[PDB]
J.: 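Hi! I'm looking at a structure that contains sarecycline and have some questions.
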Amino acid sequence: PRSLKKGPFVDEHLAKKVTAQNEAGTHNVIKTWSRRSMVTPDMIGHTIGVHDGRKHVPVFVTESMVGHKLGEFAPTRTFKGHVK
Amino acid sequence: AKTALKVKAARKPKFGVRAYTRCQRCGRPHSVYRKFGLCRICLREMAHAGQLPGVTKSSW
Amino acid sequence: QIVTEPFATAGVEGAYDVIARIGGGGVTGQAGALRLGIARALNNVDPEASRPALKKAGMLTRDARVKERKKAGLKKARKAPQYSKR
Amino acid sequence: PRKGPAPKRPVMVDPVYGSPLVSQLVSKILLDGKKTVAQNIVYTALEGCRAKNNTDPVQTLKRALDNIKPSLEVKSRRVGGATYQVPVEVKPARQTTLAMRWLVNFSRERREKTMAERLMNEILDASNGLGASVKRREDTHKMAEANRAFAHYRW
Amino acid sequence: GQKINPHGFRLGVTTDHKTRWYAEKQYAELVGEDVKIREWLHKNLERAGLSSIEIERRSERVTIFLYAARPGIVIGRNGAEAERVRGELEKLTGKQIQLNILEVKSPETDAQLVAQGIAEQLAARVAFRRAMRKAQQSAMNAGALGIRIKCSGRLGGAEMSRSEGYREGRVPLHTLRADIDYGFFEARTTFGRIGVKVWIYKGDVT
RNA sequence: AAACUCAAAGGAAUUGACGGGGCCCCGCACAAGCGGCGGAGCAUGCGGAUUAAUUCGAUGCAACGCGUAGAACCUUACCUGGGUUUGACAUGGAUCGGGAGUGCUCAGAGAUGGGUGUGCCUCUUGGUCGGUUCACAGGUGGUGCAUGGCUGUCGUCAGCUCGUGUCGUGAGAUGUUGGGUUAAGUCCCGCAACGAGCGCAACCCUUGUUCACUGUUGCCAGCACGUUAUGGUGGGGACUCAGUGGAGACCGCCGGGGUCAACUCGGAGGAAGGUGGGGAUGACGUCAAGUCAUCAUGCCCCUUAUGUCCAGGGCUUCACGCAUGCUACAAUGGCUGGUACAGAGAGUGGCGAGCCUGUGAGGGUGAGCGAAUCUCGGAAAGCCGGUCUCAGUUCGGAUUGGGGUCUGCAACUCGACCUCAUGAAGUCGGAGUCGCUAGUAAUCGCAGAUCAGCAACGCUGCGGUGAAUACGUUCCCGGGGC
Ligand SMILES: CON(C)Cc1ccc(O)c2c1C[C@H]1C[C@H]3[C@H](N(C)C)C(O)=C(C(N)=O)C(=O)[C@@]3(O)C(O)=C1C2=O
Ligand SMILES: [Mg+2]
Ligand SMILES: [Mg+2]
Ligand SMILES: [Mg+2]
Ligand SMILES: [Mg+2]
Ligand SMILES: [Mg+2]
Ligand SMILES: [Mg+2]
Ligand SMILES: [Mg+2]
Ligand SMILES: [Mg+2]
Ligand SMILES: [Mg+2]
Ligand SMILES: [Mg+2]
Ligand SMILES: [Mg+2]
Ligand SMILES: [Mg+2]
Ligand SMILES: [Mg+2]
Ligand SMILES: [Mg+2]
Ligand SMILES: [Mg+2]
Ligand SMILES: [Zn+2]
C-alpha cells in the first residue's frame, strides 16, 4: 500500500468536489473516474459514481468505507458463471 | 510502428514515469537496447552491415 | 591425498617443505592445481630420477576439463528442454 | 554405441582404506553431487561395521559384495510374437556394479532412521547372508534357473 | 532463408566496419544521426549509385566518405551539388560535416553497384535472364574469380514468386579468408519489388 | 450385338519417392545407466468458456516461460465514453502576418478551452508560425496463397550439381557404380570417363602448454619502513595475471597391420595424439512452413473515420483441458552459531561503502568510483559445533487476517518486498513420457539484458561440487550409400 509518510492519495478534484458538496449541502451524486482515490472521512455519507470502465456505478460511502479505494466498490469484470 | 505513436513517444510525457524507448530507427517498442537505441532486428541487421563500431559476432 | 601423493610417488617424502599461494576455483580445483604445481616443481628440480615415474603416474599433465559453456535453446551446457510432441 | 566400446574411466582408491571398492561405494551413494556427504556416510557405516565386529570393515564390505554378486541374469528377447527371458552370464565388473547398486538401493529402502547406519546394517546383514540385497540376488538367480532353457539363444 | 550475411560473417576477420568512432555516453545518439545521414544519402542519391557510406568522427566533427560509381551527380556543376548536400547535412545533424566522394575502380566488380544495375534494369522491365547474364559476363570480363546473382520475387510480372539464380566460377561462402563482396538491392516494379542479391569472390586475403 | 458413356485405355523404359524388401551404415534412436515430467501447490503460455473488451500473431515434430530482453498509466494495437477534421506527424505552393513557443491562473476525468505575463533575428526582401485552403497526410485496416527482407525446418544430415566426352531414338545415364577407408562425395584402388563447383575439412573465436614484450588501477620472490595493522610504502620483471605478437600437433617419429595405398593399431616424446574440448559457420532444395505486426511493398479497403487525442477499463476473467517450469513431500534433511574456496559481469537520474536509526523491508546522512582502482560483495552448496528424532513434523509454505516499506502523478482492478499470525494439498506420483556419454547429468549459488518498480520461478551467461553407464545393434524413432 501507499507509504504512510506520503499520506492518503485523494485525486485533488474529488477532494474539491466533496468539499464543495459539504459547504453547499451533502445532497448530490458526485460523478468521477477516480477509482484511484482514497476514501476519506470528509466524504462520509456522500454518494459517488465511480467509473467501472463503461458506467458510473454509484456507491453510498459509509463509515467503514474509509480504509479503501474508490475503485474497490466498482467491479470492472462481469462473470455471472460459466454456462448458465 | 504508427507515426502518431512514434511522435508521441518522442515528445516529453505528461508524467516522467510514462516515457518509453521505441526503436530510434524502426519505431519498434519491444526489445530496445539502451546502449545504442535501435531494437532486436535493427541491431542484428546493422551489426551485420557493419555500421555499429566495435560490434561483431561473438563465438567464445 | 591428491596433493600429498606427488611426494609419495617421488623419491622424496614428507621431509621436504612446501609453500603454496592458491587462487580461484573451488576446493577440489585448488587441490588439483596444487598437485600439478608440486609435480612440476619436483619435475624441474630432478628431471631424471623423478621425471619417469612422475609422468607415468599421469601427473605432469594438466587436464583441460573445464565447465562447458551454456548454449542457446538449452537449459545447461547439454541439458535440453523437455521435448513434448503434440 | 554403434562405433564401439567407449573407454572406461579408471577407478580411484579410497585414501583411508586403500581399496577401490570403497571409492566405488561412495561414487554409487554420491547423491546430488555431494562427494563429501556421500563418503561421510560411507566412512560412518564402515566404522560402525568395525565397531560391531572386530573384523576389518573393508573385508566385511567385500564379503557382502560377494554374497550379493549375481552370476547370471535374464534379459528380454524379442524372438517371435512373445518375449523371452534369456539367461546371460554376468561379467565380474557388471556383477560388482549390480551388487553395489542393490546394496545402496536396499540400504536406502531400509526402515532405520539415518542412511549411514542403514547402509551399515545392510552391509552386515549381507555379509552374514541375510537381507533384501541377498534376497534379490537369490530371486534373480532363481528366475534365471527357471528360464535356463533359453541358454542356447546367447549370441 | 538460412544463410548468414557474408559481410557480417567476415566482419573483424577480413572486412572492416563502415563507421569509425568511439563514444560511451552519446553512443545511441551518434548511431541515430548516422542512421539519419545514411537514410538521407540513400534516399536522395540513388542516381549516383552508392557503394558505401563511411562515417568518421573526431570531436563534434563528422567525416563522410561516399563511394559512388559516378560522382558526377554528387558534385553537380563545379561542386554546387556537393555544397548543397553538405549544407543539407549540417541542417540534418547540426555538426561540421567534411564530405569527400570517391570512385569505385571496378563498378562492374563491386557487388553493390552490380545489384544497383540489375535492379534498375528489372525496374526498366528488362528480361531478368538477360540482365543476370550481362552482369555475370561483365564481372568475369573484369576478372572476378566468381559471380553469383539471385533475383527473387514476381519475376517477369508473374503471379507466383520465383528465385532465379546464376553462378559460375567459385564463390566459397563458408571460407572466412575468402574475400567475398556482397550487395543487395530491390527493384521497385509495378508488381511489388524484386530482391537482387550478388556475391562476388574478389580473391583470397590473409 | 446395340443404346449409352469416357478422352483416354495401354506397351516398354527413365528418374524419384515409398515398401509390414535385402545388404551396409550413423545419431542419447534403443539398450546400459542417472535424474525427471505425468500426481500436489504455485508461476507462466495456450485452448475453451466468459466479457463492453478479454488487441493481434504462433497450432504435430518445427505453436504453447513463443513475437514479449519487463502490460498498474504509458506500452496498447482492444472496450465504454469524451474530443478533434490538412488532422497527432511529414513535404510543397500560394495568402494574411509578427511572434512562435511558453511561465502563473481558471474550467475540465483529461483531452482541450479561457485568462494573464513574456514576447522574433536579418531587413524593406530571410528564419519561424498562423490560419484559409490547395496539394495532401494517416491506418498495428485486408491479403505471408501477390512479394522483398529475415527465420524455422529436414539437417551438421553427406549430399546436391555442372562443363566436355561417351552410351542410348528419347526422357536419361556415365562421372557420382565397384573394393577399402573416413566424423565426412574424407581419401585410396580400379574404372568411359576426364574435370570443376557448392557442401565436408581448414582459414576465425574460445579453452588446454610455453616464449618474448610491457608493469597500472595487476602481481610481491630478494631489499628498506610502515601506528599494531593494509604491496600501505620506495622498489622489483621473479611468480600470477592482464593483452599484443610468436611457438606448439602434422599420424610428424618408432613398430605392426594394411598387395601396397588411403587408412588402422600400439608406443615414445609431449600440456595436449590421431578432429584435444566448445562456439561461429546450415549445400541444392523441401514444407504456397512463420512473419503485410519490426521494416519494406503490389492490389483492395477507411477518410467529421478503420485517422487522431484523452480519462477509465481490458490484455491479469475461470465450471475447466494441455504445455513449460518452480517449490516440495523431509534425516544424503530442517533449524541455529562459527568458518573456508569462485568465475563472468554491471555502474553517474548510476553502483553506493562507512556510521546512525528500525525486528526487518527501509529511512537519515553519505565517502568513493565513468571505474584491473570504488561499489554491487554476501558467493551458496561444503566443513565444524549445537539441536530437532521419523511425527503430515521444528517437513512443506499454499492460502487467509493484521501492521508496514519502496518505486511511481497513481499500486482497487493489477506491483515487489518486510513483519506478525494463519499452516492448505503433498507420504515420491496411473497409462504414458523427457533430458543426458564427462567436467556431461545431477545439484549449488552469481551476473546481465529489458527495466521507475516488477509478477524473473523466464531468458542469455558464469563458475562451485560432481556422477553412474554404454555387452551391443536384435527391436523402437530419424537419417545415409547401393
Ligand atoms: C485455408 O485456406 N486454403 C484452404 C488453403 C490456404 C490458402 C492460403 C494460405 O495462406 C494457407 C492455406 C492453408 C493453410 C494450412 C495451414 C495449417 N496450419 C494453420 C496448422 C497446416 O496444417 C499447415 C501445416 N501443418 O503445415 C500449413 O501448411 C498451413 O499453416 C498453411 O500454410 C496455410 C496457409 O496459410
Ligand atoms: Mg516504462
Ligand atoms: Mg511399367
Ligand atoms: Mg533407455
Ligand atoms: Mg504437475
Ligand atoms: Mg491470445
Ligand atoms: Mg494480422
Ligand atoms: Mg515446441
Ligand atoms: Mg510462406
Ligand atoms: Mg498465419
Ligand atoms: Mg565448416
Ligand atoms: Mg501458410
Ligand atoms: Mg498495410
Ligand atoms: Mg496475456
Ligand atoms: Mg562503463
Ligand atoms: Mg554424443
Ligand atoms: Zn527496429
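All chains are named by letter (A, B, ...) in the order of the sequence lines, taking the proteins before the strands, and each is independently numbered beginning at 1. All heavy atoms count here, side chains included; hydrogens, waters and symmetry mates do not. Ligands are counted one by one from 1 in listed order, and the atoms in each one are counted from 1 as well. Readers should note that the entry appears only in part, and the reported contacts come from within that part.
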J.: In terms of chains or ligands, where should one look for sarecycline?
T.: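 Every copy of it sits at ligand 1.
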J.: Specify the chief binding partner of sarecycline in this model, using its name in the PDB entry.
T.: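 By most contacts, it's RNA (1537-MER).
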J.: Can you give me the letters of other chains with a heavy atom under 4.0 Å from sarecycline?
T.: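 Counting heavy atoms only, the chains are F.
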J.: Okay, neighbours of sarecycline under 4.0 Å, other ligands or ions only. What have we got?
T.: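 Near sarecycline: ligand 12 (magnesium ion).
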J.: Which residues from the surrounding chains have any heavy atom less than 4.0 Å away from sarecycline?
T.: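 The heavy-atom binding site is F:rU59, F:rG60, F:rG144, F:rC145, F:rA289, F:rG290.
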